[PDB]
Amino acid sequence: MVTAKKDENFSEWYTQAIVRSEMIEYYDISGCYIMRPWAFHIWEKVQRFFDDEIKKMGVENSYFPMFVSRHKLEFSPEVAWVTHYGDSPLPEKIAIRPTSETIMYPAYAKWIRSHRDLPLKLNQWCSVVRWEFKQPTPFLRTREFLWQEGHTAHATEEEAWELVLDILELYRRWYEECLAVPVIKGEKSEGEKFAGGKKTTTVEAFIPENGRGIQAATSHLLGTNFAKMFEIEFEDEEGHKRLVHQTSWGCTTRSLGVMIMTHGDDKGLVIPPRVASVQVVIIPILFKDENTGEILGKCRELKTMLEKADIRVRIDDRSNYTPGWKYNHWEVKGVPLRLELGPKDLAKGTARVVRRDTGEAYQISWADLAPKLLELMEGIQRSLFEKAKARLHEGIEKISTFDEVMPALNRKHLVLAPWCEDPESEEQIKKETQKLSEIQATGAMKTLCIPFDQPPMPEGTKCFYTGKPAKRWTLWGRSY
Amino acid sequence: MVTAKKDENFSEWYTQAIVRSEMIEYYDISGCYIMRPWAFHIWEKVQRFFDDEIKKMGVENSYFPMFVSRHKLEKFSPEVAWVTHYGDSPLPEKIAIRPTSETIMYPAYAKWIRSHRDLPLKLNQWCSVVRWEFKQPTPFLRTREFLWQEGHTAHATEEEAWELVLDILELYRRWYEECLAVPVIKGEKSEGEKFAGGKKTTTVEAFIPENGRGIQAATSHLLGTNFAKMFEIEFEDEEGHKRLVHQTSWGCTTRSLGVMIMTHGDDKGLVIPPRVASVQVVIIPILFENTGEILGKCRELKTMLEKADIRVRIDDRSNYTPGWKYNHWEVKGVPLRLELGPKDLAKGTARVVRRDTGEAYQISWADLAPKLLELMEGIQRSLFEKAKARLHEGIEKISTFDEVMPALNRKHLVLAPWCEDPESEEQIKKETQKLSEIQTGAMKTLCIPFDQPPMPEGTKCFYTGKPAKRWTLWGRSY
Ligand SMILES: Nc1ncnc2c1ncn2[C@@H]1O[C@H](COP(=O)(O)OP(=O)(O)NP(=O)(O)O)[C@@H](O)[C@H]1O
Ligand SMILES: Nc1ncnc2c1ncn2[C@@H]1O[C@H](COP(=O)(O)OP(=O)(O)NP(=O)(O)O)[C@@H](O)[C@H]1O
Ligand SMILES: O=C(C[C@H]1NCCC[C@@H]1O)Cn1cnc2cc(Br)c(Cl)cc2c1=O
Ligand SMILES: O=C(C[C@H]1NCCC[C@@H]1O)Cn1cnc2cc(Br)c(Cl)cc2c1=O
Ligand SMILES: [Mg+2]
Ligand SMILES: [Mg+2]
Ligand SMILES: [Mg+2]
């Protein structure tokens, strides 16, 4: 059982919740964690979702090596270097993958010759390693992390930009539709974008309990900057040699940590049904040998019934644990529905179903279970999302002047503020908010994104900070 | 177009075929290779197949770190890759890249397992492994980075652990024989060949005729209790007494793709079994001038074939002749080509050519889906039955040591009665190597097959002249 309160010590709550639901096991190399089966199931669900979707776009999977040679790689303090095999030193040291541009792009130069070879659309599911300097957090910031990375190459900027946006929408679907986590689509500012690219888009999420925005995934319009460094050129139809226009995009096991932080409570995890490996757990109530044979047969019948409706059902008929130990176990683990079947319920042809998010109980006849559970699972899923969306919305404050900022940050909120979008000002702003945060004693404020969904901008509106005329509403806050 | 001949210059043939088919790209770090979509899709198929099967046995997936600290790993040496720095800074202890995950998984098992009610514990992971192999790299078969799965289970008893060893072994036979159409032989490794951290090692063995080598295809270990003793993986039984767990581990790699390539390939290139082919049917319109008539019909046909779950591509590229296209998709191993030209449009038909034998069929549009489903099953079956006959012809049953070198010189394996004395295997290895030079060349045990031929009473070991135990399969190896 979980005992730290989510709203008191958030850190300790998260650690307890992920350990006691058997999602992660700690490890001796710092910043690395073991992903146990209960967490791995959720990743498997989002993986299959995303993978299926990108295949409909013609993206194909591949696997490129985990090693890149020193001279091809040449961010530096993060790179893990292999220097030896056994007691022997490598003639030239080798780096483990931190990203795969330097591994993929020279091959792309070789394979692309003509318009007939475009678009080239590849992905890979793999792990990367970055010797993170920041405080590690299981899922959210780890030194080895699982991800996919998508890398595409096209004839025109328009087609590449369209795929950038399609992928971004798929990531809104991974968070929103699978994980029931609300995200904001935006553009990264010039200071925050991937420097090898032209434009970076993001989906951004929010952790209410510590006030932090967090980048949930990313999708880059790379332009022709990398085609030029790597000599990725093709002949069009009229015999002419052109640079490719490229995209890349990635999303990681960070997504699980965001889910856990978003929906969990004081009793531990709450898993949204769309990604729960066990949607419904059936618990026989077995005590002083009362009806034990008939309770178990009904449990099996109920399961076959529910899986005809494609519900994911487990019977926990394990002998060596009490029914109450099972209630608690599958609560902490975040199973959406718990169906209890004891002697009394057996006599009435009913079952008692407890939903995990609100703790509400229902009495339901065997004949209405399938359609009633499906309805409840759709209500849990929608309800998790809507409550998280309202919290997201409660957490962002529309403002006009710099004077409003530090108070908004102290309330653990984000700010939506009009901004001139000048690179020099973000640097000034972050150095400044850091100063005032140190003095007040918890971190600098930065841009998260410029949201796609722009509210109206009145003609004389000025930038909240410089005073120059503003261009767009930009979302700022503290961040992971 | 492939030009090295598969029987005559096998090594060149293999390199050409995997490169020209667009399966692999060569890379500047030795023994590492890019797996392009054409190959990777086959990996995805076998992965999905094996993963669904082990999920039915209650095995669950997990991801353990790729890094293991020196003190945990050294609880082989020359193969370990060591990370000593991050950026310009030295780590306090050097970290190994996971050559295999025993030393990463078993301390966690020792934490998680306390009572009989925690058992069985059954995990698998899909990951890559790194070993700095001393032997010559070969794409797929022996690489310095490879993809695999590793399964590791723990049981209250030896008998349940063994049951699982054999079930996993059966799944490996299905990975090879049902998905890749590659015949394999189940058997027990000898004492010198088994995994030394285990009690008994079971295997599926395969055979490459063109160089006469056996190759271990996959492996499944009854580990017994020795790791449980080493890592202190113990549980209280039902009476409160502490007991050691009984463990298994098993694994299979991208080696399997290379075996499939070599098994079914011919002088024109790859031949991919339909169950795993990325494209099962390529539609090649006879075009040189486009008007929409041919291409329109080819789209309608693709839609109809996809309804029947056929993986179809239309090669509508403008600048290639149909002949160039036939060759291209033949080198890639597409099992069925569907040709659609003006004459075909005029007669409501399509001409389908099989990659494995070259036979052509004329088929009405209406009959396409069922006839192609039938062909695919004919191709998959015929690829297997042919490879199985070649495997059979590659093994000579013998009685005496004098029949050995001639059988090895015929690029054949030997099946021989053996006393199974461990000293004798070391001797046979040395004496066959030394005769290979004065004429690696060593002949070693591949396995002791579950399928034993008859052993008449009094049959003698082919090497020691002592009483023979079982027939053992021997040859040159990867
Ligand atoms: N250490 C990490 N652990 C887990 N997820 C990560 C980690 N670093 C990045 N991610 C996620 O992976 C996505 C793509 O990686 P990338 O764009 O390289 O991130 P980044 O530039 O390193 N962001 P940041 O580390 O905050 O500077 C990010 O948008 C994050 O959602
Ligand atoms: N370098 C490699 N590349 C690809 N597959 C491999 C490689 N080494 C082993 N395998 C395969 O993985 C299976 C399990 O690995 P493992 O049991 O560790 O083999 P091993 O003991 O290293 N065999 P070997 O190295 O030939 O003596 C082996 O039976 C092979 O089928
Ligand atoms: O990794 C990226 C840019 C994109 N690469 C493809 C997947 C999606 C991803 O956003 C940014 N990035 C982040 N961290 C890095 C760390 C190191 Br070390 C290196 Cl060499 C390079 C990088 C690096 O390029
Ligand atoms: O890797 C194995 C034993 C088993 N591990 C799980 C998958 C199936 C496999 O047969 C044998 N082996 C092979 N090569 C190794 C190389 C090194 Br380096 C190390 Cl440390 C250890 C090993 C090592 O243990
Ligand atoms: Mg970073
Ligand atoms: Mg950043
Ligand atoms: Mg060996």
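Chain naming here is simple, since letters A, B, ... match the order of the sequence lines and numbering starts at 1 in each. The way this entry was determined, per its header, is X-ray crystallography, 2.2 Å. Atoms considered below: every heavy atom in the structure, side chains included; atoms not considered: hydrogens, waters and symmetry mates. Counting starts at 1 for both ligands and their atoms, in listed order.
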Quick check: what drug is at ligand 3? halofuginone
Any idea which macromolecule halofuginone (ligand 3) contacts most in this entry, and what the PDB entry calls it? Prolyl-tRNA synthetase (ProRS)
Other chains with a heavy atom closer than 4.0 Å to halofuginone (ligand 3): which ones? A
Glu78(A) versus halofuginone (ligand 3): do any nitrogen or oxygen atoms come within less than 3.5 Å of each other? no
Nearest protein heavy atom with distance in Å, relative to atom 6 (C) of halofuginone (ligand 3): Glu101(A) OE2, 3.3 Å
For the 3.5 Å polar cut-off, considering only N or O atoms, please tell me whether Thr99(A) and halofuginone (ligand 3) meet it. yes
Check whether any N or O atom of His151(A), backbone or side chain, sits under 3.5 Å from an N or O atom of halofuginone (ligand 3), and answer yes or no. no
What atoms of halofuginone (ligand 3) come closer than 4.0 angstrom to any heavy atom of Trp249(A)? 7 (C), 8 (C)
Residue-level breakdown please: for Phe194(A) versus halofuginone (ligand 3), do any non-hydrogen atoms fall below 4.0 Å on the side chain, on the backbone, on both, or on neither? side chain
Would you check whether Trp147(A) reaches within less than 4.0 Å of halofuginone (ligand 3), judged by its heavy atoms? yes
Which atoms of halofuginone (ligand 3) have any heavy atom of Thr218(A) under 4.0 Å away? 10 (O)
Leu73(A): heavy atom below 4.0 Å from halofuginone (ligand 3), yes or no? yes
Under 4.0 Å to a heavy atom of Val79(A) - the qualifying atoms of halofuginone (ligand 3), by number: 18 (Br)
Atom 9 (C) of halofuginone (ligand 3) - nearest protein heavy atom and its distance: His220(A) NE2, 3.8 Å
Deposit source organism: chain A: Toxoplasma gondii (strain ATCC 50611 / Me49)
Under 4.0 Å to a heavy atom of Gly250(A) - the qualifying atoms of halofuginone (ligand 3), by number: 8 (C)
What residue and atom, counting heavy atoms only, is the protein's closest point to atom 21 (C) of halofuginone (ligand 3), and at what distance? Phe75(A) CD1, 3.7 Å
Just curious, which residues make up the binding site of halofuginone (ligand 3) with non-hydrogen atoms under 4.0 Å? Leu73(A), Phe75(A), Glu78(A), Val79(A), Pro98(A), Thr99(A), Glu101(A), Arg130(A), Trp147(A), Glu149(A), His151(A), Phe194(A), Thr218(A), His220(A), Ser248(A), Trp249(A), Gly250(A)
